[PDB]
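Below is Purine nucleoside phosphorylase with forodesine bound.
Just so we're on the same page: letters track the sequence lines, and every chain starts at 1. Whatever order the structure lists ligands and atoms in, that order sets their numbers, starting from 1.
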Amino acid sequence: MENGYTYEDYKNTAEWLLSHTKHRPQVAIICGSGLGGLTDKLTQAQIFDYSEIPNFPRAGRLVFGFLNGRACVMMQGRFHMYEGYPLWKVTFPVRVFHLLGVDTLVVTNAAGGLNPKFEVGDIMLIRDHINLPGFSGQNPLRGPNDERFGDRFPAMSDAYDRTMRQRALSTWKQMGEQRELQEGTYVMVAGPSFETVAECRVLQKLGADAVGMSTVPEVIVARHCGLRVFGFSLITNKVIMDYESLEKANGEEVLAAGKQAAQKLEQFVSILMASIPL
Amino acid sequence: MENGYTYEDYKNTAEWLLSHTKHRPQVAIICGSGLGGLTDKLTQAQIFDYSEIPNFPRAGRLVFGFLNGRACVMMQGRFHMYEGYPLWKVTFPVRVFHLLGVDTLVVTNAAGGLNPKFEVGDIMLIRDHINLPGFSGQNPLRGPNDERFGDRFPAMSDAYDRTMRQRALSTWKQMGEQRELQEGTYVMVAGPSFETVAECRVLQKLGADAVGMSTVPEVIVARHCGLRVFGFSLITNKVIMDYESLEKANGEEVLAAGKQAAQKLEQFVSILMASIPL
Amino acid sequence: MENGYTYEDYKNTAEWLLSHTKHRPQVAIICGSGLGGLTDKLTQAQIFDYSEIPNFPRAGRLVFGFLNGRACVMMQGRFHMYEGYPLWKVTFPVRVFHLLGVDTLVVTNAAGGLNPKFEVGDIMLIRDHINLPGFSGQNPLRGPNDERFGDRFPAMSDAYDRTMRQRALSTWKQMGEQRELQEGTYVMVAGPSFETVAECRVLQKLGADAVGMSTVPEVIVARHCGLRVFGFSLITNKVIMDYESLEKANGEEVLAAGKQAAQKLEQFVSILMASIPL
Ligand SMILES: O=c1[nH]cnc2c([C@@H]3N[C@H](CO)[C@@H](O)[C@H]3O)c[nH]c12
Ligand SMILES: O=c1[nH]cnc2c([C@@H]3N[C@H](CO)[C@@H](O)[C@H]3O)c[nH]c12
Ligand SMILES: O=c1[nH]cnc2c([C@@H]3N[C@H](CO)[C@@H](O)[C@H]3O)c[nH]c12
């Protein structure tokens, strides 16, 4: 295997962007889908379709602008391993962002609650991840390493910025809420099918608190090239963890688990901006 | 990655079959190898070699006929990830079956007993699975989804039909047997080499009861497109679970673990037919 | 998928080698990198670069010679899944070795200690492995099997020769050392990034004692074709197993964890030679 992109392809995507928008983003935000009407909060919103973007994998848009005093770039729609993309395509935008000048990555996603304490609607702050595809070989850094981005063997034990995590628990308290900010381990599985009961039990045993099909690869790539990362999971569903229970996970409840729980998340992210140091 | 087949290739395999046999199967059966002399029980047996079959991966035969009052199609020999097939080839026949008109899938396989209660010879009824290749990306649905088959994000928490499971425990009692029908979680690993002792201990800890190298992908594809699924593992070997024990798993004992334990299985499947609703 | 090499490519690499060196090796040694200045201990050292070697994947050298009374072949630098090589390239030299006449494989590697009893510097003798890439499909034997090498379904429950393990604990006692020879399960993960804390906790729970990114595939291929295998991990780092700890795994401490701990290892291997039966 080999990454299709050369250092230069990245570099030429970045330049193209640098020249087609006067915005100079500092914070990249990678939202779910449902969990990002977050586009209206921006101001001076400039949109590019992925389709116009030299090299951009493949209705997918890059929106540049200003969230609450920070210059942002928001990916609206992301790529997934389950769509068939190799990981070096899934995480191509991350490297592009670094070269645009960005120094922080915020990632959000929807995920099934594995911890029996979580409730549909909860926001879980990501403290750590379990990269199960990565154990087998599906790590987005597989291949020759390019030292212009970062090291051969980057560390992930501190992927999720301790400072931003503290500031996120501050901010949340900064509005004394009906539920608290949750915290835990996000496990990535490839999907696109949902877990069996036995699989759920496997993931609870591994120590995971939430489960989804994304995020981890962008986080690894982000950290490889020196960005500060933090993120959240909107728990959209409690994963079925025993056999009598006749109820099921669907793409419908994940999507339709926008509502006040998703608006909550938008506003939370938008306030966070103020805790990101210039 | 991308599935090599288009909706049309399936469709043209099905039509070719619809026109070359007057049989109209309702139940697809996917047997092991050793565990399916089950071909003689059929009547009005019409055979096609895979080799004559427009598109069929690659001595492999589709046998059409009548098991105990049901119109069947029996795959004789299957494909495996360990032979090098991508999963979209392994599970191609499943989609073909759906379009032939089939509404039920019975899958059987040979597997090592992980549960220390099992004994060589036991039939384990499949209650659930742990799809370890699927955690990393080897899910046969990886790629663009085709809604003519089914949803983007199908559920697997109920893959193994509760009704058929109940009817299977009925039927077994319907002949008050020397051992009981076993029940549990089948875990798929890719192979083709057998597990170490430490690996066995891993799989026991995950909650698995039996282990093999097949089945799970056909089950996921079956469920993706609305079939009713049930299956069995003939436990052909107790997997070596500690270090003094000098005895070893071989392809010889799996094969030669036909005998009265495999005939038992044939007859069991053949009676089951009567519990499959028209 | 398919292995790029045919039985003949192996065969022609071997012959080329058989004819370009009068050495006839019996023991293949596959060292780390840092953990093999072991080249000077050899005598009658003949070097080939990988680059001159018909078919050899891709500064990489095969060194032929004599360790302590045994005819050796030492791979200096190896291939890794994380560099992008498929496993059938990573393990190509192993098959070549078998055809050179070799009957034993010694493998060594650097690995993070998962067992809280290990200490940086410790040598762990490999008693077993957990091949996590192999669970998902990344097994170097994936594809049609070639019976000239070995069986379709080889066993790995005895991969790590019990005799050589006993002789290794003898030999170590044969110099009554400040720490003892450690022993345990090596788990392979693909890398190239290092584990999170949560991942470490996963691997401790699976029963693993050390973790690295190599070895397992060569061992599986070695055993597939009948070689005797034994190996070691030099524990170069204690893997970070809880969150307050601010210290991190780096490629620098792994490399610079040569020193007296690596010389110890060289000398240990060099004495071992005397326990390998002719
Ligand atoms: O219970 C779950 N298991 C795995 N993934 C998801 C998700 C996320 N939502 C999407 C599927 O609805 C998918 O893109 C995935 O990342 C929500 N709930 C679950
Ligand atoms: O102990 C085992 N581990 C993994 N697979 C199998 C099998 C099944 N039998 C075949 C190998 O003998 C293979 O196709 C696999 O699906 C029997 N026993 C075991
Ligand atoms: O803590 C660890 N986790 C995973 N691999 C390694 C290694 C081994 N060392 C190399 C990276 O420094 C790499 O080739 C890997 O096989 C040392 N320590 C660790």
*Provide the full list of ligands or chains for forodesine.*
ligands 1, 2 and 3
*Find the other chains whose heavy atoms come closer than 4.0 Å to forodesine (ligand 3).*
A, C
*Top protein contact for atom 14 (O) of forodesine (ligand 3), by heavy-atom distance*: C:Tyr82 OH, 3.2 Å
*For forodesine (ligand 3), which atoms sit closer than 4.0 Å to a heavy atom of C:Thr236?*
17 (C), 18 (N)
*Got the closest protein heavy atom to atom 8 (C) of forodesine (ligand 3), with its distance?*
C:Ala110 O, 3.4 Å
_At less than 4.0 angstrom from any non-hydrogen atom of C:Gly112, what atoms of forodesine (ligand 3) do you find?_
1 (O), 2 (C), 18 (N), 19 (C)
*What residue and heavy atom of the protein are closest to atom 19 (C) of forodesine (ligand 3), and at what distance?*
C:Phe194 CE2, 3.5 Å
_Which of the numbered atoms in forodesine (ligand 3) are under 4.0 angstrom from any heavy atom belonging to C:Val254?_
9 (N), 12 (O), 17 (C), 18 (N)
*asked:* I'd like to check which forodesine (ligand 3) atoms, numbered from 1 as shown, lie under 4.0 Å from a non-hydrogen atom of C:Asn237.
replied: 1 (O), 2 (C), 17 (C), 18 (N), 19 (C)
_Distance-only N or O hit between forodesine (ligand 3) and C:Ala111, under 3.5 Å_ = no
*For forodesine (ligand 3), find out whether one of its N or O atoms is nearer than 3.5 Å to an N or O atom of C:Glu195.*
yes
_Distance from atom 16 (O) of forodesine (ligand 3) to nearest protein heavy atom, with residue and atom_ = C:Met213 N, 3.1 Å
_Within forodesine (ligand 3), which atoms have a heavy atom of C:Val239 less than 4.0 Å away?_
1 (O)
